[PDB]
S.K.: 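Pasting in a structure now, in structure tokens, and then I'll have a few things to ask.
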Amino acid sequence: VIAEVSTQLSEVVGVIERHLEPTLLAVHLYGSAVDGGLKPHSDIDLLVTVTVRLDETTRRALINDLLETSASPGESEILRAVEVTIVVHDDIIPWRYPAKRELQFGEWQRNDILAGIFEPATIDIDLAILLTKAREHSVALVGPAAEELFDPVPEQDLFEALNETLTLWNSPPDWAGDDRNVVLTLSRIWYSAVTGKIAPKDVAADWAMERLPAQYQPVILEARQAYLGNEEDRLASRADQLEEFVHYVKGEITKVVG
Ligand SMILES: Nc1ncnc2c1ncn2[C@@H]1O[C@H](COP(=O)(O)OP(=O)(O)NP(=O)(O)O)[C@@H](O)[C@H]1O
Ligand SMILES: CN[C@@H]1[C@H](O)[C@H](NC)[C@H]2O[C@]3(O)[C@H](O[C@@H]2[C@H]1O)O[C@H](C)CC3(O)O
Ligand SMILES: [Mg+2]
Ligand SMILES: [Mg+2]
């Protein structure tokens, strides 16, 4: 997608306001929209803070409505994948690890939502990472700056969430659908574990590529190119090369000490 993003952004915030205006504290645009800039496959990352949990019916109304504002990756030249994370004030302030996520919407749910599966509130270790990103780079579309609203996420909580995330990826079906992002996410986790910082997918990829034995450099170079829209994503082609990359990078992450 190469289209100006302000139209779809205003549609998505209109849906959020329509359901949540009376309990809304903040809407923050974050992720690559604010840090590095949207690339052809980039989603729109929104973080919504409410003062009270949602009624079940409000969860379903909002999830259904958000799906109508969103397009499956590669199915639209004008609409990006939309991602909305809702946190309840008293669940995330004061900061505790791990924290409860009230709601998340994203295109990975499309099938579920169309079958009437509405994901309920859960522990989400990923909030340690999302709130660290949002506090550093975001736009308050409404309410206070992320920096002021959210407590700092301790670096030990960041470090633990980065290492725990690696439990998701052990064998090839665990990354079957999502080969480019698992590769770029491994590079970002490795980068963040050594640096304590967060980098866009291409910056983390180039950092990783410097620090890899030459055998592992090709898979991350292909992922970095596909992220920038420069080359095709043919990472599923080279299945064995992918799993060796994953095992190699996980081992290198595991070596990084706190
Ligand atoms: N070290 C890390 N840095 C960044 N994101 C990370 C890291 N570790 C795990 N993640 C998760 O990776 C996901 C990235 O969100 P996503 O919207 O795909 O990223 P982005 O920076 O906006 N880039 P993109 O949408 O591809 O342009 C989130 O769930 C993050 O918390
Ligand atoms: C909260 N961050 C998101 C989640 O990690 C999510 N998967 C549970 C990610 O899924 C993705 O990698 C990508 O980025 C999504 C992330 O932005 O979002 C695409 C629509 C689907 C995907 O599978 O390609
Ligand atoms: Mg994004
Ligand atoms: Mg996202």
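All residue numbers given for chain A refer to the PDB entry; the residues shown span 1-258 in order. Every number for a ligand or one of its atoms is a count from 1 in the order of the listing. Below, all heavy atoms of this structure are taken into account, side chains as well, without hydrogens, waters or symmetry copies.
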S.K.: Identify the macromolecule bound to ligand 2 in this structure with the most contacts, using its name in the PDB entry.
M.R.: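 Most contacts: Aminoglycoside (3'') (9) adenylyltransferase.
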S.K.: Quick one: hydroxychloroquine, spectinomycin, brexanolone - which is at ligand 2?
M.R.: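 The one at ligand 2 is spectinomycin.
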S.K.: Give yes or no for whether the N/O distance cutoff of 3.5 Å, strictly under, is met between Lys201 and spectinomycin.
M.R.: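 N/O-N/O distance under 3.5 Å: no.
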S.K.: At the 4.0 Å heavy-atom cut-off, does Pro73 count as touching spectinomycin?
M.R.: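 In this structure, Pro73 qualifies as a contact of spectinomycin - some heavy atom is under 4.0 Å.
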S.K.: Could you name the option among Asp43, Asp178, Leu168 that has the heavy atom nearest to atom 12 (O) of spectinomycin?
M.R.: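 When every heavy atom of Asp43, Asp178, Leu168 is considered, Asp178 comes closest to atom 12 (O) of spectinomycin.
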S.K.: Which taxon does the entry assign to chain A?
M.R.: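 Per the PDB, the source organism is Escherichia coli.
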S.K.: Output yes when the distance from some N or O of spectinomycin to some N or O of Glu83 is under 3.5 Å, and no in every other case.
M.R.: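 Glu83 vs spectinomycin: N/O contact under 3.5 Å present.
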S.K.: Does spectinomycin have an atom under 4.0 Å from some heavy atom of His41?
M.R.: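 No, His41 has no heavy atoms under 4.0 Å from spectinomycin.
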S.K.: For atom 13 (C) of spectinomycin, find the nearest protein heavy atom and state the residue, atom name and distance (0.1 Å precision).
M.R.: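 Heavy-atom neighbour on the protein nearest atom 13 (C) of spectinomycin: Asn181 ND2, 3.9 Å.
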S.K.: Could you tell me which atoms of spectinomycin, counted from 1 in the order shown, lie closer than 4.0 angstrom to a heavy atom of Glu107?
M.R.: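 Counting from 1, the qualifying ligand atoms are 20 (C).
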S.K.: One residue to check: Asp126. Relative to spectinomycin, which of side chain, backbone, both or neither has a non-hydrogen atom less than 4.0 Å away?
M.R.: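 Just the side chain.
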S.K.: So, for atom 5 (O) of spectinomycin, does the protein have a heavy atom nearer than 4.0 Å?
M.R.: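 Within 4.0 Å: no protein heavy atom nearby.
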S.K.: Tell me the protein heavy atom at minimum distance from atom 18 (O) of spectinomycin, and give that distance in Å.
M.R.: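 Its nearest protein heavy-atom neighbour is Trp108 CE3, 4.1 Å.
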S.K.: Would you mind listing which atoms of spectinomycin come within a distance below 4.0 Å of any non-hydrogen atom of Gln104?
M.R.: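 With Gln104 as reference, the close atoms of spectinomycin come out as 1 (C).
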S.K.: If you draw a 4.0 Å sphere around every atom of spectinomycin, which residues of other chains have a heavy atom inside it?
M.R.: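 Non-hydrogen contacts come from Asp43, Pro73, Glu83, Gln104, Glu107, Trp108, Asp126, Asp178, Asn181.
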